[PDB]
Student: 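Structure of interest includes avibactam (bound form); see the questions below.
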Amino acid sequence: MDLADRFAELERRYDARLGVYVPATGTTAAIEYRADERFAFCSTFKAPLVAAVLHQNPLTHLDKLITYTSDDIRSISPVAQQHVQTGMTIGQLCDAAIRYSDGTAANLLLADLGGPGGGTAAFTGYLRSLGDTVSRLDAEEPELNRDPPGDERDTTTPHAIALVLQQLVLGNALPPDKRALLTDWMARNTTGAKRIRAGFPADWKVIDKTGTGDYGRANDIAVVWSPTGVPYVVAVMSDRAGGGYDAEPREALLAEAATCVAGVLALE
Ligand SMILES: *C(=O)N1C[C@H](NOS(=O)(=O)O)CC[C@H]1C(N)=O
């Protein structure tokens, strides 16, 4: 048997569709499974969103205070609800968007990037600027949770998002000082313990951004480093469209997919 057969069994067992991509390196072949099929971003767009805002502004822009109201909180926003009275700086928003997957923080970052009607097109244009012609963001949270399976809106592919993440973390899409902020926020993420992290041994370093949604959607995108500093990019995406809109996401599906990947990357 081969790795595609292992990934197929994961699908049968969880009644799920799984997509995996890990770029080739000098010493490892690409891992690709449904790598060109579309999957909802869910919250994973917030990583390249923070990069867009870092890229387009001096670091001093991170100190800009954004004020907002309870009316702006229409999605799960653990950090933004706490700071609604005093406001949050662009920096704080980037922090929240990545580390708590904060929906209001992402929406305010979208508005900072392209204005109130223009944010999702501007975010998408950032992706186009990086050579990603595939991904698209069309709505903001929470409206983007309503796209049904098969709708191209608000989707990426394992291929596309891993390659974006690669440029951002391991390439030169950002200058070192901006890159480090992205990397720090993803390193300090609070939401991915049970996903890619759970597939990799404790001496591999992991940074990540998750997403979850309706139709059983669960994603994670990460950069991992070997104990000797060898970097790899892992995108794992899933949905469970079988069980309808209220199908439960399965984090363990992602942990298992990650374990299959780690078995390839870690075993010499
Ligand atoms: C992101 O997909 N979302 C924001 C928040 N955190 O989820 S994540 O950690 O899996 O990124 C809650 C769910 C979801 C949403 N529906 O907007």
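Numbering starts at 1 and runs along the sequence shown. We count ligands from 1, going down the list as the structure has it; atoms in each ligand are counted the same way.
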Student: Would you mind finding the main macromolecule in contact with avibactam (bound form) and telling me what it's called in the PDB entry?
Tutor: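 Largest number of contacts: Beta-lactamase.
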Student: Can you identify the residue and atom to which the deposited model gives avibactam (bound form) a covalent bond?
Tutor: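 There is a covalent bond to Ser43 OG.
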Student: Would you mind telling me if avibactam (bound form) is within reach of the side chain of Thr212, the backbone, both or neither, using heavy atoms under 4.0 Å?
Tutor: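 Both of them.
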Student: In terms of atom number and element, which parts of avibactam (bound form) are under 4.0 angstrom from non-hydrogen atoms of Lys209?
Tutor: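 So the answer, numbered in order with elements, is 11 (O).
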Student: Near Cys42, which atoms of avibactam (bound form) are under 4.0 Å from a heavy atom of that residue?
Tutor: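 Within the 4.0 Å cut-off of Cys42, avibactam (bound form) contributes 2 (O).
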Student: At less than 4.0 angstrom from any non-hydrogen atom of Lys46, what atoms of avibactam (bound form) do you find?
Tutor: 4 (C)
Student: Report, in ascending order of atom number, the atoms of avibactam (bound form) lying under 4.0 Å from any heavy atom of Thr191.
Tutor: 9 (O)
Student: For avibactam (bound form), does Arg195 get within less than 4.0 Å through its side chain, its backbone, both, or neither, judged by non-hydrogen atoms?
Tutor: side chain
Student: Can you name the atoms of avibactam (bound form), numbered from 1 with element, that are less than 4.0 Å from a heavy atom of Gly211?
Tutor: 2 (O), 8 (S), 10 (O), 11 (O)
Student: Define the binding site of avibactam (bound form) at 4.0 Å using heavy atoms, by chain and number.
Tutor: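 With heavy atoms under 4.0 Å, it is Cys42, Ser43, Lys46, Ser101, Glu141, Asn145, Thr191, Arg195, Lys209, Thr210, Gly211, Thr212.
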